[PDB]
Amino acid sequence: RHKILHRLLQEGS
Amino acid sequence: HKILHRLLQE
Amino acid sequence: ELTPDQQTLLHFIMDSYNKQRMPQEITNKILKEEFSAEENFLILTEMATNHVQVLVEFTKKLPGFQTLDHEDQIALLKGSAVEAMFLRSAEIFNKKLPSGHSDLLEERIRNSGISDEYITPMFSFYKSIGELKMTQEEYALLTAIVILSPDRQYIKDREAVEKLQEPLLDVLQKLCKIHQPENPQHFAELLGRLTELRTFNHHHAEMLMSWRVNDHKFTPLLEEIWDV
Amino acid sequence: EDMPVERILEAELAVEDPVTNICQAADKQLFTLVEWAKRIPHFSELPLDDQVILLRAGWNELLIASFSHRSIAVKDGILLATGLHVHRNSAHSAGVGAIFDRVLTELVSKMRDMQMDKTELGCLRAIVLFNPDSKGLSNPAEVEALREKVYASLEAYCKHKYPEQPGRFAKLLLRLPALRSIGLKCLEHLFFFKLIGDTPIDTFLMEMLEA
Ligand SMILES: O=C(O)c1ccc2nc(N3CC[C@]4(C3)C[C@@H](OCc3c(-c5c(Cl)cccc5Cl)noc3C3CC3)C4)sc2c1
Ligand SMILES: CC1=C(/C=C/C(C)=C\C=C\C(C)=C\C(=O)O)C(C)(C)CCC1
């Protein structure tokens, strides 16, 4: 759906 | 515009 | 804890607010008239025209309003009418109305040529308002705050609008504290409804253009206050 | 505090052709915006799909608030995050003068005149982030609850720091309506630029503009 945003939210702090 | 002006001085 | 000053301000506001009436000749139609997108539109137009008159009167009596520059008066009315009408509708839809009026007015608005894209947010905002359990004083004051907003387009003396608004916010803040001491951020939450009223401005210009391209016509007063 | 103002300020400090330049800076700051939001107490504890929803709903306002505040130092324009200083004339040449003027007057000027500090900015942005009206939230009530925590922590901060300014909490919150109208107008322009096939729109920014 919204791939960059999904990845960044699941990444580090 | 006309009407609003009038209602304000009523 | 209201001060006597604040009490005087509040009394002036409530006296003006409580005059707000929709005639029975209009509201009788909710139940009596036929149900078509056409007739629903005419009913709503009649309600809107009446309510704009009611609002112009309320606005004229707000403290200091008369002392503002005449073009800035007009810019405040034009800039705030839609938001005031959404907030009034929110109040109406969370209030006890005569038998059958709430349900059938909702059906008529949902079949009046307004897209589902604007219906859904509208009834969602009415629900968020209901959950705040606002008193009459909160509705009146918040309405007055909306009307005396310094950011509306075409206001020249923003600073002087801003001064009339300030003591309304002060009274509203003490009132929220006194009335709902168990939701100590109730005042902030009312201000958050102000932000969300801004979205209804955009939605409304779109509803008006849809109505116009489906060849619905508005009364002269509405054409003026909303720029046709 | 269950919503500490120092952790909100920490988040701010941790991340601390004009239409084309603005768009480029927006795309850049979108990466850093998600890092900001992860640093706001309790946001990463929400459901992922809600986190997605909150950022898709607020990104334009969150970014407009950040560049407006940063711009307090400059005369007659905007300091982008890329370091380019966009001025009135280039904005107006580009057909976006109206929006640009509203930013300067409704945001940059008011932040400068009231001296909005970074704690206050960070709190306002966290309110914007925790928008319980956003369509599709799995639990609107807990986003409302988190907003209510920011509201309570911001109000206490203003009483402690600016005791001689009892109206200051209200004045801060009253920037939010103007930010929303400005944000809606920016989005209008952008989907209007997409509708006519206009400017170079970079990857992350394009993703925020798709349905
Ligand atoms: O039944 C009763 O007892 C009773 C009592 C009071 C009472 N007050 C009512 N109203 C005041 C605000 C209200 C309804 C008038 C507004 O007008 C409708 C309207 C709207 C509109 C709507 Cl769609 C919802 C919110 C705000 C607005 Cl701008 N946009 O265009 C129109 C007209 C077609 C042009 C919505 S309905 C009502 C009913
Ligand atoms: C206000 C600006 C509009 C929207 C900008 C948005 C949505 C975000 C910008 C982010 C920046 C510039 C971040 C930074 O540099 O920190 C557009 C492009 C429609 C027209 C020109 C004025």
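Chain lettering follows the listing: the opening sequence line is A, and each later line takes the next letter. By the numbers in the PDB entry, the shown part of chain A spans 629-641. So for chain B, numbering is the PDB entry's, and the shown residues are 746-755, in order. Just so it is clear, chain C uses the PDB entry numbers, and the residues here are 244-471, in order. Note that chain D is numbered according to the PDB entry, with residues 228-243, 263-457 shown in order. Atoms within each ligand, like the ligands themselves, are counted from 1 in listed order. Note: hydrogens, waters and symmetry copies are ignored here, and every other heavy atom, side chains too, is used.
Present at ligand 2 is the drug 9-cis-retinoic acid. For 9-cis-retinoic acid, the chief contact partner in this model is given in the PDB entry as Retinoic acid receptor RXR-alpha. Other chains with one or more heavy atoms under 4.0 Å from any atom of 9-cis-retinoic acid: D. The binding site of 9-cis-retinoic acid, defined by non-hydrogen atoms within 4.0 Å, is formed by D:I268, D:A271, D:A272, D:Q275, D:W305, D:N306, D:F313, D:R316, D:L326, D:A327, D:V342, D:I345, D:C432, D:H435, D:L436. Counting only heavy atoms, 9-cis-retinoic acid sits under 4.0 Å from the following UniProt 9-cis-retinoate-binding residues in chain D: D:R316, D:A327. For 9-cis-retinoic acid and D:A327, the ligand atoms under 4.0 Å from any heavy atom of the residue are 14 (C), 15 (O), 16 (O). Taking the UniProt all-trans-retinoate-binding residues of chain D and keeping those with a non-hydrogen atom under 4.0 Å from 9-cis-retinoic acid leaves D:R316, D:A327.
Geometrically, 9-cis-retinoic acid and D:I268 share no nitrogen or oxygen pair separated by less than 3.5 Å. D:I345 CG2, 3.6 Å is the protein heavy atom nearest to atom 22 (C) of 9-cis-retinoic acid. Within the listing of 9-cis-retinoic acid, atoms 14 (C), 15 (O), 16 (O) sit less than 4.0 angstrom from a heavy atom of D:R316. Interface atoms of 9-cis-retinoic acid facing D:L436, defined by a heavy-atom separation under 4.0 Å, are 19 (C). Of all UniProt domains in chain D, the one holding most residues touching 9-cis-retinoic acid is NR LBD. The organism reported in the entry as the source of chain D is Homo sapiens. The contact set between 9-cis-retinoic acid and D:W305, taken as ligand atoms under 4.0 Å from a residue heavy atom, comprises 7 (C).
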N/O to N/O under 3.5 Å, 9-cis-retinoic acid against protein:
unit_1	atom_1	unit_2	atom_2	d
9-cis-retinoic acid	15 (O)	D:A327	N	2.9
9-cis-retinoic acid	16 (O)	D:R316	NH1	2.9
9-cis-retinoic acid	16 (O)	D:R316	NH2	2.7

